[PDB]
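Quick look: prednisone on Voltage-gated potassium channel subunit beta-2.
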4 protein chains.
Amino acid sequence: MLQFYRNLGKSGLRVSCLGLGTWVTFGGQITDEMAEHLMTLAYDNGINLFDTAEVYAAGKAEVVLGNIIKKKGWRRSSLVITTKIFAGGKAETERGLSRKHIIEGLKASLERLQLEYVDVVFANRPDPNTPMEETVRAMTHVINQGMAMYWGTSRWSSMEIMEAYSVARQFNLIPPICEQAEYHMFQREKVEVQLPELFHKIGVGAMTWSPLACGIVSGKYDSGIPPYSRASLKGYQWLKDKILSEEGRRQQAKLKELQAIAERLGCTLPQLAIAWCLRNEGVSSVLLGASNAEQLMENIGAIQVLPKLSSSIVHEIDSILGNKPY
Amino acid sequence: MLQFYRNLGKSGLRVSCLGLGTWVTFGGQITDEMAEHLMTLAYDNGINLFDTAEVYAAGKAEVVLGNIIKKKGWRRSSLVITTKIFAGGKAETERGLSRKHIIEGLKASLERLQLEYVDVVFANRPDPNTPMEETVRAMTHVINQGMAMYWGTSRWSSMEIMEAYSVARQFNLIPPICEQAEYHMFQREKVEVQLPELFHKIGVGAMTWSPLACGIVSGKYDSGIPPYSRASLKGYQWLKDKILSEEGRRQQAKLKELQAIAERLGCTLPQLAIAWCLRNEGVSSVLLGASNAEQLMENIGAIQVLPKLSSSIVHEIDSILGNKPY
Amino acid sequence: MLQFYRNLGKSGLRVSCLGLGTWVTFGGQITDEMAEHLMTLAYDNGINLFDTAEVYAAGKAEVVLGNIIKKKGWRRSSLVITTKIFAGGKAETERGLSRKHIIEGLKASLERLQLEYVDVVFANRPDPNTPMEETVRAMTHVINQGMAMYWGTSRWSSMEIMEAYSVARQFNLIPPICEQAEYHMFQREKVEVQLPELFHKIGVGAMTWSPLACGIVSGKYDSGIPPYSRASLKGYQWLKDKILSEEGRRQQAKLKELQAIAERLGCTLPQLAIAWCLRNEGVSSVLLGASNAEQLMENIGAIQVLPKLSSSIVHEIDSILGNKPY
Amino acid sequence: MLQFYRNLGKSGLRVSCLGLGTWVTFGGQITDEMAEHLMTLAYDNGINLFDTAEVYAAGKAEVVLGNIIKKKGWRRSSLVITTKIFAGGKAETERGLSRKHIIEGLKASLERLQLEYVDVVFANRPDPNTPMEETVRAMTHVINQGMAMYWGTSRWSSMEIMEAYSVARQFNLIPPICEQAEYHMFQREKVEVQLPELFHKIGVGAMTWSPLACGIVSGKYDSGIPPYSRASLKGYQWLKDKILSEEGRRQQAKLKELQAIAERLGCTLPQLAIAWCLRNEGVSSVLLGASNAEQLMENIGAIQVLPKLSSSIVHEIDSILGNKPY
Ligand SMILES: NC(=O)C1=CN([C@@H]2O[C@H](COP(=O)(O)OP(=O)(O)OC[C@H]3O[C@@H](n4cnc5c(N)ncnc54)[C@H](OP(=O)(O)O)[C@@H]3O)[C@@H](O)[C@H]2O)C=CC1
Ligand SMILES: NC(=O)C1=CN([C@@H]2O[C@H](COP(=O)(O)OP(=O)(O)OC[C@H]3O[C@@H](n4cnc5c(N)ncnc54)[C@H](OP(=O)(O)O)[C@@H]3O)[C@@H](O)[C@H]2O)C=CC1
Ligand SMILES: NC(=O)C1=CN([C@@H]2O[C@H](COP(=O)(O)OP(=O)(O)OC[C@H]3O[C@@H](n4cnc5c(N)ncnc54)[C@H](OP(=O)(O)O)[C@@H]3O)[C@@H](O)[C@H]2O)C=CC1
Ligand SMILES: NC(=O)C1=CN([C@@H]2O[C@H](COP(=O)(O)OP(=O)(O)OC[C@H]3O[C@@H](n4cnc5c(N)ncnc54)[C@H](OP(=O)(O)O)[C@@H]3O)[C@@H](O)[C@H]2O)C=CC1
Ligand SMILES: C[C@]12C=CC(=O)C=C1CC[C@@H]1[C@@H]2C(=O)C[C@@]2(C)[C@H]1CC[C@]2(O)/C(O)=C/O
Ligand SMILES: C[C@]12C=CC(=O)C=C1CC[C@@H]1[C@@H]2C(=O)C[C@@]2(C)[C@H]1CC[C@]2(O)/C(O)=C/O
Ligand SMILES: C[C@]12C=CC(=O)C=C1CC[C@@H]1[C@@H]2C(=O)C[C@@]2(C)[C@H]1CC[C@]2(O)/C(O)=C/O
Ligand SMILES: C[C@]12C=CC(=O)C=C1CC[C@@H]1[C@@H]2C(=O)C[C@@]2(C)[C@H]1CC[C@]2(O)/C(O)=C/O
């Protein structure tokens with residue numbers, strides 16, 4: 001009963017239940033050649049959603065993404081391209097959600113992307129130094145300028161998202177259509193409890209990220225930090241610490257148990273985790289990440305796992321994780 | 001007492017009581033040469049309204065229409081060009097009334113038409129997957145961008161049209177000026193009963209289509225499906241089935257009777273049917289269709305029939321049709 | 001105590017108490033060479049206001065005006081250029097105050113004028129076929145598009161002007177700043193009684209036209225229709241009839257009497273009439289007309305007459321005219 | 001506890017506590033070479049705020065400023081460029097806060113600056129001939145046109161600033177973010193008493209100017225008008241009169257006393273005065289002025305003085321000045 005394509009929240013924007021992101025990989029960990037192959041595989045498999053950000057690889061991720069789109073020549077109208085704005089430089093005025101950086105940042109992202117507009121522009125995170133009204137007016141402005149079709153939030157609290165809606169309705173501006181939130185077996189609270197309320201109240205959709213907790217859910221770290229793994233990359237010592245932390249090892253213990261259900265269902269752990277992220281209608285789309293073609297094809301195969309996630313299967317997983325939100 | 005030119009609803013847009021459409025014919029059933037001749041004949045006879053759609057002939061109808069306008073060099077200010085948006089591609093995001101497709105779709109139609117803007121952009125049909133607010137904001141945006149002068153609805157229910165007005169007045173956006181509805185002797189309810197209410201309440205005008213029920217009213221199918229007829233064209237098996245259906249034959253029976261009044265008045269059946277469509281002020285303009293010059297000139301001659309449609313004549317027709325709405 | 005420059009109504013637009021119009025003369029009755037000289041004389045004498053219209057000489061007036069501006073190279077910021085829109089073609093959709101013609105009409109005027117925008121765009125007259133809301137939205141749109149700085153009305157009733165303000169305040173649009181009304185010794189009611197109310201209520205300014213009643217006030221028709229006079233021009237038989245009419249001769253009788261006061265003051269009749277038009281603060285600016293340099297220099301000399309228009313002088317004129325409004 | 005960078009009022013625009021202005025110097029008193037050096041020194045020292053005006057050196061200040069920015073090639077996103085509009089020509093319509101001059105004036109400033117937009121456009125002073133609504137709509141328009149990111153006021157009373165906010169909230173326009181006010185030891189009332197109220201009430205920020213009272217606070221006029229001093233420049237006889245005035249000499253007397261505290265703290269008088277201007281959070285940024293590199297480097301050194309401005313030090317200064325506002 002799964003519908004591969006669904007509306008992003010209550011907006012009219014239709015997206016595939018699975019998207020492909022560019023964090024770490026594009027313009028960084030992987031070659032442009034591998035990136036091209038990954039996007040082609042995604043696109044050919046129905047995926048129309050591709051996420052990026054001005055900060056990814058200091059802007060190179062957007063460059064690679066734009067190059068592929070141009071080289072492949074896919075119709076712009078058949079793609080949903082999203083980017084996020086917060087950190088776009090070292091200068092004081094090159095970061096934040098001020099009108100100045102919103103406009104300068106998106107303009108610079110579009111130039112790198114070789115695109116006239118993105119379908120959704122996201123505030124990559126909350127800005128405690130900029131009043132909501134200024135931010136909402138700036139997002140509304142770029143949409144009115146044809147630089148984006150819609151806008152959204154990322155890593156914002158339920159209250160801050162409602163605040164953006166409040167400002168939009170008071171000054172007759174455009175409200176946000178989606179919140180890009182982290183969601184995986186070890187981070188469920190926000191997406192399972194809070195976001196559903198925002199959907200029914202103000203139509204906000206949930207586009208989730210890091211469905212494998214940066215690859216931790218794959219269980220490839222059951223025995224240390226494998227070579228070439230994200231956790232072994234430069235600038236990702238923070239990930240390695242989380243993996244080697246006390247809590248990071250307790251997660252591995254639970255994973256081994258989840259692995260049992262995986263093989264018992266005839267799928268891999270990553271496929272179980274990803275399918276798990278889509279088990280509820282509440283999630284509009286799960287943004288995937290992959291360093292090679294084997295991972296992506298495996299991940300996409302998660303769709304076939306959905307039908308096997310019965311009530312019993314879900315309860316067993318909850319008993320194992322032991323973190324089912326109230 | 002007929003006024004050849006009238007306002008489209010309560011808007012200031014003045015249109016001829018007869019327009020020329022491009023469905024099936026332009027870029028499809030007829031040659032560009034024949035299309036040029038038909039439009040010239042229309043224009044030279046006072047017709048200033050020409051309708052098309054992104055979906056007609058996969059966009060070719062708009063191409064032919066734009067070519068003629070350019071080749072003939074008529075002043076853009078002397079023309080009322082309308083197009084409709086819903087289905088503009090095979091991709092998921094290439095259909096619907098989302099802001100994304102509204103903007104991408106109209107932009108693509110304008111490029112094909114070689115025009116900077118259309119006078120009216122229509123939503124070709126209702127979109128159950130896009131909230132009215134998003135659609136109304138998108139229509140308002142393209143009007144503000146100078147891509148269209150006004151917007152309208154097509155195949156929308158009275159309630160959905162009122163809903164668009166509601167959103168427009170609540171968020172101070174631009175309301176629709178017209179609804180493009182089917183109207184002929186075998187489809188009267190909506191146009192005769194509901195649309196008049198929308199005109200007096202929210203100024204919505206009625207621009208009607210298929211005045212001959214795709215040619216069925218001409219009675220050329222009194223004996224099967226004549227060669228080259230629309231019903232015998234590829235992709236129009238649906239029309240042939242309606243003609244050969246039980247109800248389709250009962251219509252022919254009534255037509256034969258209507259034919260009596262036609263010849264009794266000194267006009268053809270198509271002229272009687274078309275003049276009938278304009279008998280009431282409620283209809284701002286009737287969109288004509290034609291595959292050759294004989295049909296168009298005949299159709300235009302319907303204007304001369306109007307004066308003969310007395311109360312008695314109208315009552316006789318009602319008795320024959322037996323479908324006068326309450 | 002006269003201030004040569006004053007605000008046009010309550011707006012911030014500052015105009016000279018005297019402007020130079022282009023009706024009949026520019027691109028028509030006079031040569032481009034004479035037009036250039038007249039504008040230069042005006043500009044050099046402090047006049048910054050120049051009025052035209054899409055209908056004047058079928059658009060040639062705007063062409064000549066734009067040529068002079070370009071040839072002389074005066075700073076655009078030192079000029080106040082106004083044009084009026086209603087009749088811009090023979091086609092049905094080429095006339096009126098519909099959004100379509102407002103945009104097409106002004107765009108075409110600007111191209112002829114070789115200007116990016118006019119300071120004020122006027123609706124040349126009321127349009128009974130277009131709802132006020134559509135007209136006000138269209139004027140607001142062109143101002144927002146940078147095609148005009150402000151907009152105004154011409155030949156509108158006090159109630160229709162208040163209606164435009166009503167729509168502007170209800171839908172948060174831009175209200176009109178001025179009404180271009182006829183004003184001379186034989187047409188005082190509207191300007192003296194009604195316009196002052198609009199100024200204090202909604203800040204509307206009064207820019208008056210035909211201060212010499214098309215030249216009739218000069219008294220050059222005291223003995224028929226002199227050669228080369230406007231009344232003897234082709235297409236102005238209507239003016240000749242008004243002059244030769246019973247009322248037209250009764251005006252001449254009164255003029256002869258006014259002539260007495262003129263010579264008694266040391267000025268010409270035209271100078272007395274023009275100075276009379278500016279005697280009250282209510283009039284922001286009087287638009288002058290002239291076929292040669294002698295008339296213009298004479299007319300401009302009306303400024304020196306103002307100081308002599310005492311209460312007694314004004315009362316004597318009222319006794320003669322006998323048309324002082326209540 | 002000083003934060004070099006702070007928000008300009010409640011807006012999201014982040015500026016350095018010290019800015020560099022161009023009045024008198026750029027394109028005038030100093031060479032383009034010296035101007036380039038001064039800006040480079042400022043920029044390299046963290047200063048991101050540079051102020052100018054259409055009136056400075058008849059537009060040359062903006063030309064020099066734009067040349068430096070272009071020659072140095074600093075990222076536009078790392079700069080906060082502000083300009084002020086009021087007097088942009090000799091013609092009547094070339095001055096004021098009318099929509100006409102706002103648009104023409106800023107457009108001309110941007111061309112001279114070789115920039116697409118300024119971060120903040122200021123009304124250089126109040127305009128008693130233009131209604132607030134017109135001015136606020138014009139500022140909102142240029143911001144919506146991408147010609148400026150924000151707008152502000154300069155030399156406006158607290159009530160006039162609140163009036164601009166009132167109009168903005170009534171017609172849903174954009175309110176001002178900052179007021180550029182004079183602030184130095186001999187002008188404290190407005191900035192110390194009134195502006196703080198506007199900050200808490202409507203978020204208006206305080207960007208101050210002439211922190212050395214045009215150089216008077218430096219005490220270089222303790223013995224007349226030194227050569228090359230601003231007071232000895234052409235067109236600045238007004239400054240010399242203020243210095244040589246009775247009150248101007250009484251200020252010198254107080255300065256000599258302040259000098260005691262300066263040397264007693266280990267800093268110069270200008271450093272004490274400038275640091276004094278930043279002692280309170282109320283001031284977002286102090287705009288500096290300098291004719292040579294020695295002055296600028298000295299002035300910037302005022303930051304190190306801030307830590308020494310204890311309560312006692314501030315009280316001693318108040319006792320000396322004897323002008324502490326109520
Ligand atoms: N809004 C925001 O702030 C954020 C948004 N995002 C978005 O979400 C997207 C996805 O996030 P991401 O963290 O990459 O997602 P995941 O948590 O799914 O991690 C994907 C990474 O895990 C590894 N992996 C993937 N599949 C497999 C597999 N089958 N077997 C083994 N290892 C596998 C790969 O890394 P390796 O091979 O190197 O181990 C890959 O790069 C991003 O690209 C971005 O677009 C992400 C973070 C934040
Ligand atoms: N908003 C919407 O969804 C829709 C809008 N429209 C608009 O309305 C327009 C008119 O619709 P359309 O269905 O073409 O109109 P009609 O119902 O009037 O049918 C016209 C067709 O009937 C035949 N015909 C026309 N005149 C004669 C005649 N005198 N004698 C015999 N046959 C005749 C021709 O087909 P043939 O010779 O092949 O038999 C011609 O193509 C369209 O072109 C389009 O612009 C149409 C449908 C939907
Ligand atoms: N909003 C609207 O609908 C209208 C606006 N206007 C505006 O107002 C302007 C002025 O109107 P207009 O009717 O021309 O003004 P006047 O009533 O002042 O008439 C001017 C004409 O009278 C004659 N004249 C002028 N000065 C003298 C003189 N000193 N001695 C003798 N004859 C003289 C000239 O015509 P001749 O030498 O041929 O006798 C000249 O063309 C127009 O150009 C236009 O811009 C005008 C009409 C309508
Ligand atoms: N909004 C508005 O209406 C106004 C805004 N402003 C803005 O504020 C900025 C600063 O104003 P400004 O009056 O120049 O500032 P100051 O009051 O600080 O005076 C600076 C001037 O004083 C002298 N000076 C500076 N430092 C020293 C020093 N250490 N020792 C001795 N003399 C020194 C220099 O002049 P010299 O060497 O010639 O003596 C220099 O040009 C302007 O450039 C402008 O951007 C200014 C006025 C009005
Ligand atoms: C998609 C939309 C309009 C286009 C856009 O850029 C952002 C949004 C977000 C909020 C949506 C809004 C609508 O279109 C109407 C909605 C969906 C509203 C939330 C409640 C709402 O007002 C409602 O429930 C319809 O009545
Ligand atoms: C034409 C118009 C404005 C231009 C446009 O793009 C769309 C519309 C549709 C609705 C119209 C509106 C008007 O202009 C004023 C009308 C005609 C309104 C319906 C009721 C109305 O408000 C009225 O009755 C006047 O008072
Ligand atoms: C000039 C202006 C704004 C710019 C414009 O394009 C048209 C107008 C016309 C109406 C003016 C308006 C104002 O600026 C404020 C005014 C002048 C208003 C009439 C009453 C008003 O609201 C008032 O009295 C101030 O309080
Ligand atoms: C920065 C801002 C919006 C961007 C802009 O161009 C100008 C302003 C000035 C007024 C600010 C406004 C806000 O962003 C919200 C503020 C800061 C408001 C003053 C009160 C306010 O409404 C408030 O207190 C938040 O609730």
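Sequence lines set the chain letters: A, B, ... in the order given, protein chains first and strands last, and positions in each chain run from 1. Every number for a ligand or one of its atoms is a count from 1 in the order of the listing.
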Worksheet item: Which of the ligands or chains here are copies of prednisone?
Response: ligands 5, 6, 7 and 8
Item to complete: Using a heavy-atom cut-off of 4.0 Å, list the other chains contacting prednisone (ligand 6).
Response: B, C
Discussion item. Tell me the nearest of B:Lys10, B:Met139, C:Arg137 to atom 17 (C) of prednisone (ligand 6), using heavy-atom distances.
Written reply: B:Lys10
Worksheet item: Which of the atoms in prednisone (ligand 6), numbered in the order shown and given with their element, are less than 4.0 Å from a heavy-atom of B:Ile202?
Response: 10 (C), 19 (C)
Fill in: Atom indices of prednisone (ligand 6) within 4.0 angstrom of B:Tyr150 heavy atoms, with elements
6 (O)
Worksheet entry | Atom indices of prednisone (ligand 6) within 4.0 angstrom of C:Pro131 heavy atoms, with elements | 13 (C), 14 (O), 15 (C), 17 (C)
Item to complete: Look up the source organism of chain B in the entry and report it.
Response: Rattus norvegicus
Practice prompt. Report the nearest protein non-hydrogen atom to atom 8 (C) of prednisone (ligand 6): residue, atom name, distance rounded to 0.1 Å.
Written response: B:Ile177 CG2, 3.9 Å
Worksheet item: Is it true that B:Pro176 lies under 4.0 Å from prednisone (ligand 6), counting heavy atoms only?
Response: yes
Worksheet entry | Residue B:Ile174 vicinity, atoms of prednisone (ligand 6) by number, heavy atom under 4.0 Å | 5 (C), 6 (O)
Discussion item. Protein non-hydrogen atoms only, distance under 4.0 Å: does atom 25 (C) of prednisone (ligand 6) have such a neighbour?
Written reply: no
Worksheet entry | Part of B:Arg169 with heavy atoms under 4.0 Å of prednisone (ligand 6), whether side chain, backbone, both or neither | side chain
Item to complete: For atom 15 (C) of prednisone (ligand 6), find the nearest protein heavy atom and state the residue, atom name and distance (0.1 Å precision).
Response: C:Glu133 OE1, 3.4 Å
Worksheet item: Any protein heavy atom under 4.0 Å from atom 2 (C) of prednisone (ligand 6)?
Response: no
Worksheet entry | atom 6 (O) of prednisone (ligand 6) within contact range, any protein heavy atom under 4.0 Å | yes
Discussion item. Check this for me - prednisone (ligand 6), B:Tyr165, N or O atoms closer than 3.5 angstrom, yes or no?
Written reply: no
Practice prompt. Extract every residue of other chains having a heavy atom under 4.0 Å from prednisone (ligand 6).
Written response: B:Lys10, B:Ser11, B:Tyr150, B:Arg169, B:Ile174, B:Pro175, B:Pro176, B:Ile177, B:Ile202, B:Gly203, C:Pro131, C:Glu133, C:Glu134
Starting from the N and O atoms of prednisone (ligand 6), collect every protein N/O partner closer than 3.5 Å and put each pair on its own line with the distance to 0.1 Å.
from, atom 1, to, atom 2, distance (Å)
prednisone (ligand 6), 14 (O), C:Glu134, N, 3.3
prednisone (ligand 6), 22 (O), B:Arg169, NH2, 3.3

